[PDB]
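Among the contents of this structure: hydrocortisone.
In what follows, every chain begins at residue 1, and chains take the letters A, B, ... in the order their sequences are listed. In each ligand, atom 1 is the first atom listed, and ligand 1 is the first ligand listed. Atom set for the values below is all heavy atoms of this structure, side chains included, hydrogens, waters and symmetry mates excluded.
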Amino acid sequence: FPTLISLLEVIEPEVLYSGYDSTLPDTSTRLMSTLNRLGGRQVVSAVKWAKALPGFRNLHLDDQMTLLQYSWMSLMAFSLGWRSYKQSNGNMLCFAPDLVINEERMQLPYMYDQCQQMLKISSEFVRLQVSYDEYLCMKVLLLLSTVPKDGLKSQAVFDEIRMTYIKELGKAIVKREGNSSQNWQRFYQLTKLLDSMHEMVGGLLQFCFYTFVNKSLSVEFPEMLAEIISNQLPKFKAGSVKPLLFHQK
Amino acid sequence: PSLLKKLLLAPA
Ligand SMILES: C[C@]12CCC(=O)C=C1CC[C@@H]1[C@@H]2[C@@H](O)C[C@@]2(C)[C@H]1CC[C@]2(O)C(=O)CO
């Protein structure tokens, strides 16, 4: 019998290369434009992943678009945290196999704070020693953790999917531990981590918003990512979006 | 006809 966790493993996309162009002025602007080009391709990969995610296609198309537009930065930063954990134990930002950034190069203008914020996400994977299956279940829950205050068009379907993957997270925890003493404690810690992602990514999103709107910074964005931000940004800045939290705020 | 909508409706 096939399991949901085994399917999450098989649909996880391969890591993308940047195609980086080390033969140029390592300016802050060019690095940010390079990262956004990689980010746009990673979002395309994440859309294809969501289409294959068991249950996601049952949502109204408009809800599928809302969830991807609202959560894309959480997905990208969480996966960056995982790669940086597995490839460098949280010491370097492992954007792609050909684009590994150590924190000396984060001294570039506008780069220090955002790199510290990305490293903090990776440091949580190190602290908790997150397993691959726990990571895969948590990543689905991030896709399902930011919603309009006024609700979704297929609310009942959404409620069912979200509860399904909360249960799957519990199953991944039970598998990680040939015993029982820590199952609830572990679920508590990982749902605390999920809740904390909203704030841990908030500064990254605000910085992205500013580089998108402030054209004099000359940061370039690829086409589909620009479309996504242009829809997400007004909703976030207007306060019309809410996080789904497991614990009292 | 946004790019995201097109991708969600596309086959692959
Ligand atoms: C998705 C992305 C690129 C691909 C990746 O492995 C992880 C991320 C998450 C952080 C993103 C990053 C880039 O897109 C550039 C971003 C948006 C950065 C947050 C702030 C940022 O540096 C900018 O706002 C530059 O304009």
Query - Top contact chain of hydrocortisone (ligand 1) - most pairs under 4.5 Å, the PDB entry - result: glucocorticoid receptor
Query raised in the report: What chains, other than any belonging to the drug, come within less than 4.0 Å of hydrocortisone (ligand 1), counting only non-hydrogen atoms?
Result: A
Query raised in the report: atom 11 (C) of hydrocortisone (ligand 1): which protein heavy atom is closest, and how many Å away?
Result: A/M73 SD, 4.0 Å
Query raised in the report: Which organism is chain A attributed to in the entry?
Result: Homo sapiens
Query raised in the report: Of the protein's non-hydrogen atoms, which lies at the shortest distance from atom 8 (C) of hydrocortisone (ligand 1), and what is that distance?
Result: A/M76 CB, 4.0 Å
Query raised in the report: Does A/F209 come within less than 4.0 Å of hydrocortisone (ligand 1), judged by its heavy atoms?
Result: no
Query raised in the report: To which residue and atom does the entry give hydrocortisone (ligand 1) a covalent bond, if any?
Result: none
Query - For atom 16 (C) of hydrocortisone (ligand 1), closest protein heavy-atom neighbour - result: A/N36 OD1, 3.9 Å
Query raised in the report: hydrocortisone (ligand 1) versus A/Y210, non-hydrogen atoms closer than 4.0 Å: side chain, backbone, both, neither?
Result: neither
Query raised in the report: Is there a nitrogen or oxygen of A/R83 sitting under 3.5 Å from a nitrogen or oxygen of hydrocortisone (ligand 1)?
Result: yes
Query - Residue, atom name and distance, where the atom is the protein heavy atom closest to atom 24 (O) of hydrocortisone (ligand 1) - result: A/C208 CA, 3.0 Å
Query raised in the report: With a cut-off of 4.0 Å, which atoms of hydrocortisone (ligand 1) are near a heavy atom of A/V219?
Result: 26 (O)
Report task. Check each atom of hydrocortisone (ligand 1) against the heavy atoms of A/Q42 and keep those under 4.0 Å away; list them by number with element. Result -> 4 (C), 5 (C), 6 (O)
**Report entry** atom 21 (C) of hydrocortisone (ligand 1) - nearest protein heavy atom and its distance
**Finding:** A/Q114 OE1, 3.5 Å
Requested in this report: Indicate, as side chain, backbone, both or neither, the part of A/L35 found under 4.0 angstrom from hydrocortisone (ligand 1) when only non-hydrogen atoms are considered.
Outcome: both
Requested in this report: Return yes when at least one protein heavy atom is under 4.0 Å from atom 2 (C) of hydrocortisone (ligand 1), and no when none is.
Outcome: no
**Report entry** Where hydrocortisone (ligand 1) meets A/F207 - atom numbers and elements under 4.0 angstrom, heavy-atom basis
**Finding:** 20 (C), 23 (C), 24 (O)
